[PDB]
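Quick look at a structure containing avibactam (bound form).
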Amino acid sequence: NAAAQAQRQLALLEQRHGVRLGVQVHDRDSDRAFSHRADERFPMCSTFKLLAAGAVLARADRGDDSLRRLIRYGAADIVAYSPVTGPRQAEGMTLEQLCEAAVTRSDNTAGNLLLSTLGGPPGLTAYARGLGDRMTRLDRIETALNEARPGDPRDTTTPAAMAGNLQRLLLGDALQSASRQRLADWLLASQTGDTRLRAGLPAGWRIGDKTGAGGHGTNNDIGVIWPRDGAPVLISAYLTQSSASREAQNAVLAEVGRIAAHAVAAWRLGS
Ligand SMILES: *C(=O)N1C[C@H](NOS(=O)(=O)O)CC[C@H]1C(N)=O
């Protein structure tokens, strides 16, 4: 029973690190799933940028906005961890450049600029509702949204709700084909999760992921795994309440990646 074994492995991993760990995995090949705390709330932190890019792409699909539109912004708009938008402030950036900066590089000002085209955090929440997600809510902008206070509903998702969004966006009909590919490309080009889920994957497997990190020992990684020989796999991993270093948190997420990859391989072999 690969799903039961994966869930036991997650429970042991969570306990030995003193964290609260939320995971949802769904293999599109076997259609099998496993989870831990999949319906509990966790802070999104930078992972909201996946949804913000999805909402911008959906607007582009409908003609409600354009990826080629030039967005101007000021030095006053720059927030921490904005390595792309900061240097380009005087010239501005197009919406597609901002989507890429937010998703591939986790650029915080880029995330805020995307939100400014969507109606702010309320618009991102409305977008999640339109995807059938009744749990996710964004309430603050960068970097206030990273507070990650236990019990606080603001700026949270659930592992299952976010996995559902990943399915609709990357594998379902929430985006047209060209936009689906753009989002996959931005996720697959990211390096920010090299020591997180990706570090746990077998050679020849790929992940297009969106990382995040916040207060109260919060560290997240969500995305789509494309295995060496299998259909895609949805994965959402939210870790919080760690008292350990960032590197130690990253290693827990790498182990989640190993647990997930083994379950997928076992389903494929019929183990
Ligand atoms: C996202 O959660 N953030 C943006 C940036 N990149 O880290 S990530 O790759 O884990 O997303 C710094 C951490 C965090 C933030 N403080 O906004």
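Here chain A follows the PDB entry, giving residues 35-305 in order. The way this entry was determined, per its header, is X-ray crystallography, 1.5 Å. Order of listing sets the numbers, starting from 1, for every ligand and every atom in it. Any value given below was found using the heavy atoms of this structure, including those in side chains, with hydrogens, waters and symmetry copies removed.
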List the chief contact partner of avibactam (bound form) in this entry, with the name from the PDB entry. class A Beta-lactamase, PenP superfamily
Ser140 versus avibactam (bound form): do any nitrogen or oxygen atoms come within less than 3.5 Å of each other? yes
Any heavy atom of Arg139 sitting closer than 4.0 Å to avibactam (bound form)? no
Indicate the residue and atom of the covalent attachment for avibactam (bound form), or state that none is modeled. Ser80 OG
Heteroatom distance test (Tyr115, avibactam (bound form)): nitrogen or oxygen, under 3.5 angstrom: no
For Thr245, counting its heavy atoms only, list the atoms of avibactam (bound form) lying under 4.0 Å from any of them. 8 (S), 9 (O), 10 (O), 11 (O)
I need the atoms of avibactam (bound form) closer than 4.0 Å to a non-hydrogen atom of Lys83, numbered in the order shown. 4 (C)
Out of all atoms in avibactam (bound form), which are within 4.0 Å of some heavy atom of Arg230? Include the element for each. 8 (S), 9 (O), 10 (O)
Which residue supplies the protein heavy atom nearest to atom 13 (C) of avibactam (bound form), what is that atom called, and how far is it? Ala247 O, 4.0 Å
Which of the numbered atoms in avibactam (bound form) are below 4.0 angstrom from a heavy atom of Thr226? 9 (O)
Please write down residue, atom name and distance for the protein heavy atom closest to atom 2 (O) of avibactam (bound form). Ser80 OG, 2.3 Å
Using a 4.0 Å cutoff against the non-hydrogen atoms of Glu176, which atoms of avibactam (bound form) qualify? 17 (O)
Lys244 heavy atoms, cut-off 4.0 Å: which avibactam (bound form) atoms fall inside? 11 (O)
Hey, does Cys79 come in under 3.5 Å of avibactam (bound form), counting only N/O atoms on both sides? no
So is there a nitrogen or oxygen of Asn180 less than 3.5 Å from a nitrogen or oxygen in avibactam (bound form)? yes
For atom 17 (O) of avibactam (bound form), state which one of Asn254, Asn142, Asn253 supplies the nearest heavy atom. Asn142
Which residues are in the binding site of avibactam (bound form), using 4.0 Å as the heavy-atom cut-off? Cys79, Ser80, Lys83, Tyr115, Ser140, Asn142, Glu176, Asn180, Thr226, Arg230, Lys244, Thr245, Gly246, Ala247
